[PDB]
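Structure first, commentary second.
Residue numbers start from 1 in every chain, and the chains themselves are labelled A, B, ... in the order their sequence lines are given, proteins ahead of strands. As a basis for the values below, the full set of heavy atoms in this structure was taken, side chains included, without hydrogen atoms, waters or symmetry mates. Whatever order the structure lists ligands and atoms in, that order sets their numbers, starting from 1. According to its header, this structure was worked out by X-ray crystallography, 2.4 Å.
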Amino acid sequence: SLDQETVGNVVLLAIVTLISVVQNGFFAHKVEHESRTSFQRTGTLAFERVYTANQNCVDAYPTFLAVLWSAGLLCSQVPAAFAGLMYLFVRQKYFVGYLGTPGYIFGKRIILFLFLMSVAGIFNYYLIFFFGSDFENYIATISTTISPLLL
Amino acid sequence: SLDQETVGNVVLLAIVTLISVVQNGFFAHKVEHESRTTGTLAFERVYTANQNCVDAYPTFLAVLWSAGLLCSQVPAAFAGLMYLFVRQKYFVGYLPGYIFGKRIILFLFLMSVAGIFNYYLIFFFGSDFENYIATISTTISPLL
Amino acid sequence: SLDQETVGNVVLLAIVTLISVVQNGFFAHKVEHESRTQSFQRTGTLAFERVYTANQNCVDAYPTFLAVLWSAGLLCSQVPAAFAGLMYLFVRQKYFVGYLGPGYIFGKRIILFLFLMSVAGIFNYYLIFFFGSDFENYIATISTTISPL
Ligand SMILES: O=C(O)[C@@H](c1ccc(OCc2ccc3ccccc3n2)cc1)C1CCCC1
Ligand SMILES: O=C(O)[C@@H](c1ccc(OCc2ccc3ccccc3n2)cc1)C1CCCC1
Ligand SMILES: O=C(O)[C@@H](c1ccc(OCc2ccc3ccccc3n2)cc1)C1CCCC1
Ligand SMILES: [Ca+2]
């Protein structure tokens, strides 16, 4: 329903979000599959490994999505989207590592890079805003100075 | 802060999201009610159910808004309202397996993909129209 | 990507969101550190379990927080929403620390406040929409009767 110009600024970010959704579903399926071989949080050693891995991924996901969209909207879409893809590859390798484990946190540098893009984007906005208001006051001061000349 | 036309494109999705928040709160309250009193069977049941609901919420929200913004608001919002009904019955039944509302999520995913495909069709058609006019403008240039 | 006018309507909410990201990272670091005193599991030392549960309680709440923060910020008014969001990050920090040395829920009133803002904004949208619809009908009713000059 949104306009053509807006969608073009977010389409790549949407694609990566949607792929991350497929991955979320894959992780969730692996939890379901290992639970079947009533649902509890405790069980077989194999189940607890998958459940933990999934939980570790779920915990970090809203953070990832927040920095993905911040970076993609405020800074530049392509690099953010590419880093978003890189995150998903790292997620996959992290999750598979538990199916043998790695620690609690993963993909620190990608989240950091996306966070850095978001800060760079906010600084960029303010540089343009202060430039715009500096240009506005410059015209308004001249208009008062040039005021008697045009009569 | 947003303008009238944009809010009209999200208002239904926003309402559905707010109802889910109330539902999230209700589940959380239910945990708190049992927490103050692998522990007790009663507490473990509510905590796990809530935990399963919380786990899937970001994904739900991602595909709800993707579908609503990229494809069409009404069907996405309605499917979202259906998720909340299914989710309520899933949580109450605990007091099933790990996953619920599988098909609604899939449907919202398919809407999003259909919306992206729709975007690309309009884009490539627009650039073709641009090139078409540019061609005739070059052909009928000297006749002016 | 986004235009200067739009960013201006979301910059404060973005800032509050990025600080919550830093806070989430801080909490996750607190889980990572205590997990190395222990293969990663959910159950272990009383020190690890308390930090893990604390983080988990915050993580359970976070998507609801973002939902109400942005709804309030975009549909009602940016400044108070971001301010309320910033208060949530303060209360949340007090919650996490105190948990290591409160129950499951925290920051209810801020969540409720951001929720009510969102509802208030939606109602405000419908007030302006129906007024704009009635104004459009009012001009049409005059135009159709004045048409024979
Ligand atoms: O397992 C299937 O059949 C699929 C599937 C699985 C789940 C779906 O949505 C529910 C859902 C979604 C995300 C969640 C995240 C955390 C916890 C539960 C969650 N639950 C839809 C399709 C997957 C198989 C290969 C990729 C998709
Ligand atoms: O007093 C109460 O129980 C209410 C309440 C409860 C919580 C609130 O926000 C914090 C919050 C929000 C969502 C969460 C999701 C998961 C875990 C904790 C969460 N924590 C606000 C009002 C509920 C009463 C019926 C519905 C709301
Ligand atoms: O620990 C570091 O060195 C940083 C760092 C950098 C990137 C991280 O991942 C993103 C992330 C964000 C939130 C999460 C929530 C739950 C599980 C994983 C999560 N993962 C984490 C920490 C900072 C953390 C606070 C001060 C240092
Ligand atoms: Ca969780």
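PDB records name the drug found at ligand 3 as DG-031. Structurally, the greatest contact with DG-031 (ligand 3) is made by what UniProt calls Arachidonate 5-lipoxygenase-activating protein. The heavy-atom neighbours of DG-031 (ligand 3) at a 4.0 Å cut-off, by chain: A, C.
The deposit lists the origin of chain A as Homo sapiens.
Following UniProt from the N terminus, chain A has transmembrane segments with a non-hydrogen atom under 4.0 Å from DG-031 (ligand 3) at positions 2, 4. Heavy atoms from both the backbone and the side chain of C:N24 come within less than 4.0 Å of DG-031 (ligand 3). Any N or O atom pair closer than 3.5 Å counts here, and C:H29 shares at least one such pair with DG-031 (ligand 3). What sits closest to atom 14 (C) of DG-031 (ligand 3) on the protein, heavy atoms only, is C:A28 CB, 3.8 Å.
For atom 9 (O) of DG-031 (ligand 3), the closest heavy atom belonging to the protein is A:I105 CG2, 3.7 Å. Binding site of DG-031 (ligand 3), heavy atoms within 4.0 Å: A:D59, A:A60, A:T63, A:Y104, A:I105, A:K108, A:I111, C:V22, C:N24, C:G25, C:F26, C:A28, C:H29.
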